[PDB]
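Summary heading: complex between salinosporamide A (bound form) and Proteasome subunit beta type-1.
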Amino acid sequence: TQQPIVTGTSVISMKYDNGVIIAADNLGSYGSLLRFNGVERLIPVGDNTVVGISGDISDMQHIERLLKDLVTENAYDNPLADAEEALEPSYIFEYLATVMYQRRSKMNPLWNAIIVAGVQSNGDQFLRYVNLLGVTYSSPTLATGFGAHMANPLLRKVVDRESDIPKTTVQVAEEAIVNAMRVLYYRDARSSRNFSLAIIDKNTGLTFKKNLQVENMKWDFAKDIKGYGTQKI
Amino acid sequence: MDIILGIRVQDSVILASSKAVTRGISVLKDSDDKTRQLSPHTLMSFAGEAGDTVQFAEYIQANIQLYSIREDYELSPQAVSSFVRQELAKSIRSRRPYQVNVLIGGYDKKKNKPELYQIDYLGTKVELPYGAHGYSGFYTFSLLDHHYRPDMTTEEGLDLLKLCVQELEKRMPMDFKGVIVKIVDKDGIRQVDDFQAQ
Amino acid sequence: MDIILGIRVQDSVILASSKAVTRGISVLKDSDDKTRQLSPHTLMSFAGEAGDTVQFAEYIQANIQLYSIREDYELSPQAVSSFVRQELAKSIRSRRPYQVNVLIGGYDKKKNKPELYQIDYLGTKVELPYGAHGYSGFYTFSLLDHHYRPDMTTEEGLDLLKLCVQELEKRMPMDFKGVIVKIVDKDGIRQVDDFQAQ
Amino acid sequence: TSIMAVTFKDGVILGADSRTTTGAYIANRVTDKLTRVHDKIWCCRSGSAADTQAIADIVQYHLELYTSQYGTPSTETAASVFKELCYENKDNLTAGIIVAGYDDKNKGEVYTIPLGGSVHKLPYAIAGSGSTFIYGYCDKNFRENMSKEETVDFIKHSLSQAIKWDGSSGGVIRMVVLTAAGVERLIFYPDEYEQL
Amino acid sequence: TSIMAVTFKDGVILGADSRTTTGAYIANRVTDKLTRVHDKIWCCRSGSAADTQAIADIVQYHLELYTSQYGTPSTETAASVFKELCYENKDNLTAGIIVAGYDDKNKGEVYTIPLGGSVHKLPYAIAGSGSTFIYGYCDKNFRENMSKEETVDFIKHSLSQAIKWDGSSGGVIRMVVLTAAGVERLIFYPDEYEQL
Amino acid sequence: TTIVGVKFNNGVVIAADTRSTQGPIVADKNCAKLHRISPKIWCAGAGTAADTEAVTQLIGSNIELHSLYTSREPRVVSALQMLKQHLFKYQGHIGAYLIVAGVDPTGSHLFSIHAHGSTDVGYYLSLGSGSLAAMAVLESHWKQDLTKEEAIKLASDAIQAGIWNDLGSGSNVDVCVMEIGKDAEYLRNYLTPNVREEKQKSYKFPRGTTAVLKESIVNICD
Amino acid sequence: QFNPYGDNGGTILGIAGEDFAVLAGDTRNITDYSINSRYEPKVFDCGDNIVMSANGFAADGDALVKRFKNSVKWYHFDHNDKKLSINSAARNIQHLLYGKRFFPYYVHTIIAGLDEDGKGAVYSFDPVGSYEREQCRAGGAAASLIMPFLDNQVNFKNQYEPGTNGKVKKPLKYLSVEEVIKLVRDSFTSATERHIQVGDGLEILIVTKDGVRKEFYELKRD
Amino acid sequence: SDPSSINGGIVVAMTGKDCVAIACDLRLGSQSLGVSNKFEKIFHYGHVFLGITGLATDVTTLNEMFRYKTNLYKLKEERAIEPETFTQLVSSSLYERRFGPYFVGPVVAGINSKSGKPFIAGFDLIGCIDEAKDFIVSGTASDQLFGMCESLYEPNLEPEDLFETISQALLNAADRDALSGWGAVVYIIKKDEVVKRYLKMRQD
Amino acid sequence: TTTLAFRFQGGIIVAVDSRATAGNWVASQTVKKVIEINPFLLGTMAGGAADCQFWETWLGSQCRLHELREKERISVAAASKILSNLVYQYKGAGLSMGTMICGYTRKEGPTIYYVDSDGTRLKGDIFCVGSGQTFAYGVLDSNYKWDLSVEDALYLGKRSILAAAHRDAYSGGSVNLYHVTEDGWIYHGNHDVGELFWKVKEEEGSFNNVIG
Ligand SMILES: *C(=O)[C@]1([C@@H](O)[C@@H]2C=CCCC2)NC(=O)[C@@H]2CCO[C@@]21C
Ligand SMILES: *C(=O)[C@]1([C@@H](O)[C@@H]2C=CCCC2)NC(=O)[C@@H]2CCO[C@@]21C
Ligand SMILES: *C(=O)[C@]1([C@@H](O)[C@@H]2C=CCCC2)NC(=O)[C@@H]2CCO[C@@]21C
Ligand SMILES: *C(=O)[C@]1([C@@H](O)[C@@H]2C=CCCC2)NC(=O)[C@@H]2CCO[C@@]21C
């Protein structure tokens with residue numbers, strides 16, 4: 001049993017007609033101190049999988065090392081490592097899920113919330129969540145921490161049920177997701193304005209966008225607000 | 001806790017109460033009478049917290065006697081019990097509540113019927129053919145549920161109690177030093193000085 | 001706790017032990033024998049934690065019987081008690097200690113003298129003319145301190161115990177359902193089947 | 001929360017972030033922590049929003065009645081009323097307050113009332129969770145008798161840093177200028193102070 | 001405690017206060033928080049003196065054996081050994097460590113290992129109780145590729161501020177310069193940095 | 001609970017969901033969280049129902065008496081001052097969280113009060129367990145200079161976010177529009193997107209199914 | 001401190017017919033007041049004509065099901081592909097659960113199938129292995145809302161013959177799969193109305209001598 | 001510990017066609033110990049009926065209080081109190097004890113003597129009014145009651161039918177509650193008459 | 001829960017209720033509280049269902065193993081001590097069980113052993129375990145006779161559980177009867193307390209306080 005120290009906030013994601021999108025800001029908080037700003041919390045694995053991690057950063061870095069090893073190990077005595085026997089997103093996930101549950105069962109968890117996004121070899125979209133308790137679930141949209149409360153409601157307005165997936169384009173989806181990141185910067189006190197976004201499309205492959213920024217914010221109306229009730233100036 | 005038992009038969013109410021008073025490691029007295037006569041036809045038994053128990057009983061006694069003098073009349077059993085319930089229901093929400101449970105057995109001279117009332121320290125009141133407080137009910141209620149009859153004679157009530165006391169003296173961990181039994185009927189309240197072997 | 005008493009008279013050791021076994025709200029048994037014969041001339045009484053009590057007694061019994069067979073000899077009372085003290089003194093610092101107190105009464109055939117040993121669960125051992133465990137000593141030691149004499153006959157010991165049991169049945173809050181008495185002397189261990197009214 | 005008051009050549013300026021939180025949630029991102037207790041006597045509020053509001057509302061009431069009887073109150077007197085309320089009720093309040101006022105005889109003045117209810121008159125003062133991060137910066141960059149533009153700049157930079165490091169601070173930077181000329185309201189948005 | 005490491009044009013510099021406390025008592029006013037784990041790989045220690053010493057002693061041992069077999073270790077490798085010890089034993093340690101080394105190929109490098117055992121490579125890093133007060137100052141005054149004199153100046157000013165506000169920091173300012181030219185020890189006394 | 005307030009060019013609109021819960025059990029599937037303080041000053045409540053309700057009526061009662069005494073229309077800032085000083089005095093023990101809006105001689109207003117007594121002002125606001133779903137929508141669609149119809153839509157959409165995404169919210173949407181020149185219009189069940197489907201069977205029992213021991217007539221006439 | 005447990009909500013129901021058996025469960029997975037998924041299957045086909053569900057703490061429920069399925073696999077490996085009779089699966093699960101008697105799988109598990117005589121069968125388990133064969137059993141969040149209903153409509157409890165003066169109990173004629181599905185659906189739509197953790201969807205698995213079939217119905221999403 | 005789980009008991013009210021019904025069990029226990037099988041939890045003042053679950057002493061005290069208050073009301077108003085009004089009297093009386101409440105779960109049932117309209121309402125321990133059109137439940141078996149009602153209930157049932165429905169709801173919910181049962185009583189109410197029936201049920 | 005077992009001329013009578021509760025919630029009214037170790041041994045279950053069910057079924061396996069090894073029927077003393085000693089190994093772990101091990105062997109005759117998770121092992125003639133025990137003891141103590149007939153003995157047990165089912169909120173459902181003879185135990189049905197109460201009331205005249 002431990003307690004997180006340096007932490008990463010929300011991880012939001014959703015699936016569209018041809019793939020899945022996933023994003024996370026670049027902050028590593030230390031309590032109320034927004035200590036580290038160049039933290040990448042999106043871990044690509046191969047070219048069909050991206051693992052988004054929130055929670056304790058030291059554990060994230062540990063999950064990172066585990067993922068690199070999975071790749072190395074899979075290559076060993078595997079003439080099809082970059083073909084029929086390459087790592088599928090579901091393999092990556094089942095592995096992590098397994099570890100998360102073993103660690104909670106030993107009363108020494110990896111203090112994180114994880115979203116594994118990607119495209120299976122047969123084109124299927126893959127989006128599943130696993131956390132420090134070893135709990136797992138899937139939904140057309142998935143978010144961790146704060147984004148669970150504020151992002152999911154927005155993203156679900158685009159893809160409310162399975163049948164909405166084929167009707168959602170990369171444009172619409174990336175837009176929903178970019179807007180959600182802005183909303184989170186508005187109401188989540190542990191968020192950063194900079195973030196990374198990644199798309200895994202069954203046709204265009206993996207697109208990893210770094211150094212994005214929340215833009216087009218509304219703050220002007222702030223000037224019209226004074227006092228807290230009766231004050232006039 | 002102490003033993004507080006009550007049984008309402010055809011023409012009277014019988015109350016049995018343990019005689020022991022234990023303070024920690026020792027039994028200080030084995031002849032304690034845990035009862036107070038509220039009026040010629042109303043008797044109240046009680047069990048609970050050390051000092052509160054008697055202070056409450058005597059306080060109630062005082063008030064009923066005062067009412068009897070003022071009105072030159074004896075309040076019905078039902079009336080005396082409602083008064084007592086209210087006193088406890090007040091106490092339950094006061095600074096330091098009275099931790100006392102009581103059984104009120106009386107003979108209603110106007111209705112010509114005996115009545116048994118059970119009221120715990122919270123002011124919970126119920127009228128029953130027989131009742132008890134504490135653990136006592138746990139050992140005796142199955143015996144009373146079995147042998148009880150509305151037309152029982154006072155003699156049959158005493159035999160049924162004796163049976164209850166024997167069960168208590170067999171399965172209950174504590175030595176309550178026997179009980180003192182009192183009968184309340186149309187002619188008042190009398191004590192059965194012979195139960196040590198009836 | 002239960003009643004564990006022991007008295008060493010002129011030519012024997014007498015052990016008295018309550019017969020009640022209470023589990024919470026009920027007395028499950030009133031004929032329990034809280035003793036184990038360790039060897040023909042050595043008896044051990046015990047009281048303490050629910051399961052530990054018998055498990056310990058039987059464990060000790062087994063070891064003494066094994067020693068008796070291996071050596072075709074009977075260890076002296078003093079020897080059996082030092083063995084038992086050590087077993088408890090080990091237990092006191094283990095993961096889950098035996099919460100058992102014992103009295104060991106034996107007749108040393110070599111010395112031709114009775115011996116009474118008191119050992120609590122910590123492994124505290126002392127040899128005495130009479131002793132007890134729990135609260136029992138509190139009510140009885142003043143009676144024993146008064147009437148005890150080194151040259152008492154077994155009959156005088158039984159009379160002194162009876163006096164102790166009566167004091168216990170008067171001032172002690174719990175009903176221990178009487179005691180089972182056993183005598184240990186040059187001829188072995190026998191039970192006084194008649195103490196329910198001796 | 002990040003709040004500060006700075007005296008300068010022509011008077012004094014108040015500044016603050018516009019964030020109120022309930023845990024990690026931002027309950028209000030456009031809060032106005034700069035409260036008026038008199039025409040030229042304002043305060044900066046940190047700590048409990050409920051406590052500081054109740055305190056301020058009462059000080060304003062007290063100063064209104066004071067004015068009705070003895071004329072305009074000195075900044076020192078306003079700070080004294082705040083102090084009275086904070087010290088005497090220290091057990092039930094969580095209020096860090098900075099009082100700032102402009103007098104014609106005294107010019108600008110700043111009194112800081114920290115948690116225990118003590119009073120401290122200073123050339124400038126900072127407070128709130130975000131302040132801890134700008135102690136060094138402010139101590140190195142503050143100068144007495146700065147111009148209005150320099151002072152606005154000092155506050156803008158100081159607070160943007162406090163907002164940068166403190167998750168408990170954010171939104172816009174509000175300022176209130178108190179000089180003989182009157183009362184001026186200033187606001188600065190994210191896109192401006194973040195890249196300073 | 002106040003400690004920092006800053007990379008610059010010719011390498012990197014380490015700095016720290018010289019105070020160790022046990023409550024409000026100063027147990028040591030001339031402590032040396034700049035510890036050598038290799039010829040050109042040093043660390044800054046904060047948190048538990050006992051834990052950081054034990055950690056450092058072990059890293060030095062590990063790097064000595066590494067050198068015996070594979071030659072000089074990279075600064076990254078030293079930071080990795082520290083990390084291993086801090087992460088794997090996070091439940092029993094209270095160690096904030098900054099690793100700083102000079103490589104000929106990599107020049108100066110700085111890795112900060114905060115409480116949980118995570119690693120962060122940065123242009124410069126600050127840590128310890130006193131650091132909180134200089135976050136704003138440092139963020140505003142740090143520049144990449146500064147000269148040795150400028151860097152010594154940055155550290156000297158930053159720390160003097162940290163020492164100023166933090167009762168848990170004090171004494172003298174120690175510095176260690178790591179460049180291709182070698183290893184230089186610098187010390188600055190109260191009478192100098194206090195009036196900066 | 002999900003309650004929101006949204007100002008529009010010539011007034012203010014407040015709305016709320018209709019779910020009432022005791023732990024995980026839905027006690028009232030159509031409670032009313034919109035209360036009136038005065039004809040043109042309405043409240044949306046969240047937190048302890050008995051408290052939001054009791055506090056709205058107490059200040060409402062006093063606001064009426066104040067109105068009658070001053071011969072003037074009640075002002076929102078007055079209900080706000082009376083509410084906050086009452087809540088403050090009780091140190092948060094009166095679990096009332098309200099969004100108070102309304103129009104009066106000085107214009108149209110929108111505020112929020114928390115149990116501890118702090119108040120806030122804004123163009124759009126929301127409180128309750130649905131707070132975050134609603135706010136997400138508001139931060140995404142609000143804009144200055146909304147028309148009455150846009151404000152209603154925005155507010156109504158914000159509650160839907162809560163109804164669907166928050167377990168603490170559900171059932172219907174209640175709205176109340178307060179426009180500067182007209183009467184306030186209370187729209188009870190403005191939206192009812194959760195009608196129960198027809199049961200699969202009827203559970204009407206054949207008469208005589210229940211065993212009866214004794215029967216009698218109860219006397220009601222004195 | 002770290003709490004190794006959580007509650008994912010959900011409700012499941014198992015009813016044994018004369019020659020069939022059903023095991024249903026909503027498809028909503030929650031955490032506090034948030035919905036994690038509106039569709040996350042909770043009732044599984046484990047081979048050998050056995051359906052199972054471990055409701056409560058999902059991580060535990062998943063591990064258990066996964067562990068049992070693997071048990072069926074080895075049963076075949078070690079006993080010449082013999083079929084695992086539901087009574088045997090039951091005893092097996094008891095041991096799986098009791099193995100963690102001192103760090104339990106926080107779940108209420110139920111399995112359904114046909115016994116060795118082709119009769120419908122349901123077994124419900126305790127978090128620590130206690131088990132019993134039953135007629136019907138609801139488990140989870142709305143269990144308390146559904147069981148009373150089932151006692152009345154499935155075992156005709158408290159229902160007597162009209163006119164017999166409650167002297168003749170309503171005969172226990174047994175239901176068909178179609179009638180049972182109706183009770184199941186009504187049971188959930190009712191539970192959906194009063195419990196905030198029940199909704200989104202209902203998935204039913206039906207077991208007969210011909211195997212396992214699945215049916216799906218939507219539930220309110222608020 | 002929980003004042004609301006000491007004595008046990010339940011109450012349920014339902015609206016029908018020009019009628020209302022209110023029912024309750026008759027148990028009064030002290031934790032595991034059954035003490036009385038005749039503790040009725042329904043009372044009436046004029047044509048207004050009030051059921052009360054919770055701590056028995058408070059159930060008794062509240063009844064005595066409302067009798068007292070409805071008596072003075074009749075003397076001053078010169079008419080019997082109505083369901084809607086009584087409901088407000090109950091609410092304000094409970095809230096008056098906001099920080100030292102009575103541990104009860106009241107339920108009001110009756111028909112407005114002037115409008116003929118049926119009326120039922122529930123309250124939490126501090127007076128919050130729950131005014132449902134269908135049914136209202138209270139007591140240690142309230143979860144079970146919600147389940148029974150939600151399924152068994154349908155609008156505009158005739159008196160004879162509502163009786164069957166409310167009785168089955170009460171009965172089967174009580175049988176899943178350790179602290180409820182030991183007898184039951186159902187009140188069928190109409191503008192002109194009110195019938196009270198005792199039900200036959202398990203006694204365990 | 002209410003469970004009892006008593007010895008008499010015709011062997012042993014074993015009667016239990018069948019209610020399962022978790023708080024005030026009645027989980028079941030049809031639970032088995034008697035484990036058939038084997039054709040000659042019965043075990044009663046009070047306390048933790050899983051604990052009793054598990055270890056008593058395990059006891060069955062140990063008894064079987066004994067009889068295979070010693071080609072002789074296991075004694076009640078020995079079977080009870082296997083359970084007793086197992087349980088004692090777990091003392092302090094949190095096992096929760098109050099149990100009666102009942103059998104009729106040629107060597108011992110009718111034998112009842114009370115075994116709980118505290119490690120207590122007691123041989124006796126009459127035992128009642130459970131939150132309803134005191135009620136059953138009242139009925140049993142005043143009507144018990146060693147010379148009771150198998151018919152009357154069975155009824156006494158059934159009646160004693162009934163008394164408890166009535167007063168104890170945590171007891172009820174139905175009554176399960178068993179008669180233990182040296183040739184094995186014989187099941188004597190499941191009696192729903194509901195119906196049993198009214199029947200007994202009328203025929204016996206007891207439970208006068210309840211209106212029927
Ligand atoms: C700042 O101190 C802060 C504000 O919410 C508060 C709001 C209005 C005026 C006083 C200042 N107080 C708090 O409790 C939060 C959390 C950290 O600091 C806040 C942002
Ligand atoms: C600094 O972190 C500090 C030092 O005592 C310590 C000493 C030597 C090397 C590591 C740093 N740690 C402490 O616990 C005290 C109190 C506050 O900070 C210290 C001064
Ligand atoms: C909402 O805040 C909510 C409502 O029950 C309540 C009802 C009427 C007026 C105030 C709001 N309050 C609660 O305590 C429950 C639980 C979560 O939120 C509720 C649904
Ligand atoms: C009785 O002991 C009881 C039973 O639920 C339980 C069920 C099956 C076999 C063992 C006995 N145990 C309990 O924990 C509950 C609560 C009180 O007693 C129960 C009814």
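Every chain is numbered from 1 and lettered A, B, ... according to where its sequence line falls, protein lines coming before strand lines. Readers should note that the entry appears only in part, and the reported contacts come from within that part. Just follow the structure's listing: the first ligand is 1, and inside any ligand the first atom is 1.
Other chains within heavy-atom reach of salinosporamide A (bound form, ligand 1), distance under 4.0 Å: D. Binding site of salinosporamide A (bound form, ligand 1) at 4.0 Å, heavy atoms: D:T1, D:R19, D:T20, D:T21, D:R45, D:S46, D:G47, D:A49, D:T52, D:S168. In terms of protein heavy atoms, atom 11 (C) of salinosporamide A (bound form, ligand 1) is closest to D:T1 OG1, 3.3 Å.
Checking UniProt active-site residues of chain D against salinosporamide A (bound form, ligand 1), the nearest one by heavy atoms (to 1 Å) is D:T1, 1 Å.
Residue D:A49 approaches salinosporamide A (bound form, ligand 1) through these ligand atoms, each under 4.0 Å from one of its heavy atoms: 7 (C), 8 (C).
Atoms of salinosporamide A (bound form, ligand 1) found under 4.0 Å from any heavy atom of D:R45, numbered from 1 in the order shown, are 9 (C), 10 (C), 11 (C).
Remark: minimum distance from atom 15 (C) of salinosporamide A (bound form, ligand 1) to any protein heavy atom is reached at D:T21 OG1, 3.3 Å. Remark: minimum distance from atom 17 (C) of salinosporamide A (bound form, ligand 1) to any protein heavy atom is reached at D:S168 OG, 3.4 Å. Looking only at protein heavy atoms, the nearest one to atom 5 (O) of salinosporamide A (bound form, ligand 1) is D:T20 CA, 3.3 Å. Those atoms of salinosporamide A (bound form, ligand 1) that come under 4.0 Å of a heavy atom in D:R19, given as number and element, are 4 (C), 5 (O), 20 (C). The structure places a covalent bond from salinosporamide A (bound form, ligand 1) onto D:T1 OG1.
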Atom pairs, nitrogen or oxygen, salinosporamide A (bound form, ligand 1) to protein, under 3.5 angstrom:
unit_1: salinosporamide A (bound form, ligand 1); atom_1: 2 (O); unit_2: D:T1; atom_2: OG1; d: 2.3
unit_1: salinosporamide A (bound form, ligand 1); atom_1: 2 (O); unit_2: D:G47; atom_2: N; d: 3.1
unit_1: salinosporamide A (bound form, ligand 1); atom_1: 12 (N); unit_2: D:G47; atom_2: O; d: 2.9
unit_1: salinosporamide A (bound form, ligand 1); atom_1: 18 (O); unit_2: D:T1; atom_2: N; d: 3.3

